[PDB]
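Encoded as structure tokens, the structure appears first; notes follow it.
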Amino acid sequence: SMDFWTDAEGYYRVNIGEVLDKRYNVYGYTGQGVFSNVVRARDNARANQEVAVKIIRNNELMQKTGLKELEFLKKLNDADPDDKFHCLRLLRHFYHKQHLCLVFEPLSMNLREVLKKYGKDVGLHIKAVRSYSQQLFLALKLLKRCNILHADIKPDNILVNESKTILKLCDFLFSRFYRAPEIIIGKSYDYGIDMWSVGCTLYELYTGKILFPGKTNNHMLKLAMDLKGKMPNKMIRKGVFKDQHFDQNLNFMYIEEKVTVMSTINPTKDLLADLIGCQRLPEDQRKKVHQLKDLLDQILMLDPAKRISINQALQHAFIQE
Ligand SMILES: CNC(=O)c1cc(Oc2ccc(NC(=O)Nc3cc(C(C)(C)C)nn3-c3ccc4ncccc4c3)c(F)c2)ccn1
């Protein structure tokens, strides 16, 4: 998230049965987190309630990064005192053996794991996609209110409770698939990047498949333009990486090594067909799928200024009808 060898040293292995801050009885690992150990504990000081504790590495870079994370979470916590906007709740922090330790509400699994348990190319029920879409847009609403850009929304960064009724947005290879085109071309960017990533996620939640599985940044742009046609001229010109992907005449240079020069990219991606799949749907679910397709069309505009607003997303037929 962002405001709109000594870097890897100091890992701490917490033992099962260790008590932290004279209260957190560590009883299990989670596996989550990239650089820090995230453990499950019971809070002996608060009726043995379950928490997750992230133990950050003891080095300068990750200490400072930890403090920034703490600041972002406190800002969202204060902006949303009743927890209606679906961001992860930090409970408090402490220090242990020079490690900054962050204590969070416990959650069950991330949405990548939920998709895996649905099985290969299966996806969720459209009713769950509807509910999760609303919750995600509410998270977007809070982030924008707090002048925060996530910049890496994807199933791996969304956690759910045990019943899978509630999701919380959080932040910890796959990242390229969810990247907005303004980022790829190197244009100045805004809250629109997170709306884009939410669109990519929603498609994947329903189909079980990655929307834009591009091997490179060049391939990602081609796949986006296969949906929406060629990127606007004014957008191309403002990108600091435009020369990797477009020539002096703003023709797209499709790499496949061979370079195919394209003045036009005819839209060919059939989003509805891909959404429906081999399903024989009843008219009520079929209607909802059409509405999902329309929501995605409005999210996945190449120009971020022309994407659906957060409020228009919340009031879209997919959610409301
Ligand atoms: C059984 N239970 C479990 O398995 C289990 C595991 C579990 O693990 C964790 C999940 C998430 C986090 N952390 C975050 O999500 N941080 C965060 C949120 C945001 C948002 C809200 C702005 C998106 N930005 N940043 C965030 C992250 C890193 C940053 N770095 C620098 C600057 C700002 C930053 C902001 C964590 F530390 C541990 C939680 C609950 N249950």
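Residue numbering in chain A adheres to the PDB entry, whereby the residues present occupy positions 655-658, 668-835, 850-933, 941-1005 in order. Order of listing sets the numbers, starting from 1, for every ligand and every atom in it. Reckoned from all heavy atoms, side chains included, excluding hydrogens, waters and symmetry mates.
- Lab note: of dihydrostreptomycin, fusidic acid, ceritinib, rebastinib, linafexor, drug at ligand 1 is rebastinib.
- Per UniProt, the macromolecule in most contact with rebastinib is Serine/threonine-protein kinase PRP4 homolog.
- Within 4.0 Å of rebastinib, judged by non-hydrogen atoms, the site holds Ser655, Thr693, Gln695, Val701, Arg703, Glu713, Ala715, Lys717, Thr728, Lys731, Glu732, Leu736, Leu739, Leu751, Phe767, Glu768, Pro769, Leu770, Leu806, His813, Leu822, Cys833, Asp834, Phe835.
- Of the residues UniProt marks as active site in chain A, nearest to rebastinib with least heavy-atom distance to 1 Å is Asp815, 8 Å.
- Every atom of rebastinib with a heavy atom of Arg703 under 4.0 Å away is listed here by number and element: 1 (C).
- The ligand atoms of rebastinib that sit less than 4.0 angstrom from a heavy atom of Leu806 are 22 (C).
- When only interatomic distances are considered, the shortest N/O to N/O separation between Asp834 and rebastinib falls below 3.5 Å.
- Lab note: contacts of chain A with rebastinib map mostly to UniProt domain Protein kinase.
- Heavy-atom proximity to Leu736, at under 4.0 Å, picks out these atoms of rebastinib: 18 (C).
- At a 3.5 angstrom cut-off on N or O pairs, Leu770 counts as close to rebastinib.
- Contact atoms of rebastinib toward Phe767: 12 (C), 13 (N), 36 (C), 37 (F), 38 (C) (distance under 4.0 Å to a heavy atom of the residue).
- Residue contact check: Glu768 has heavy atoms under 4.0 Å from atoms 40 (C), 41 (N) of rebastinib.
- In the vicinity of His813, heavy-atom distances shorter than 4.0 Å reach the rebastinib atoms 23 (C).
- Residue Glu732 has at least one nitrogen or oxygen atom sitting less than 3.5 Å from a nitrogen or oxygen atom of rebastinib, judged on distance alone.
- Which parts of rebastinib touch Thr693 is read off a 4.0 Å heavy-atom cut-off, strictly below it: atoms 3 (C), 4 (O).
- The UniProt annotation of ATP binding in chain A and a heavy-atom cut-off of 4.0 Å around rebastinib together pick out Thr693, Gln695, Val701, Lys717.
- Interface of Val701 with rebastinib, defined as ligand atoms under 4.0 Å from a residue heavy atom, comprises 6 (C), 7 (C), 8 (O).
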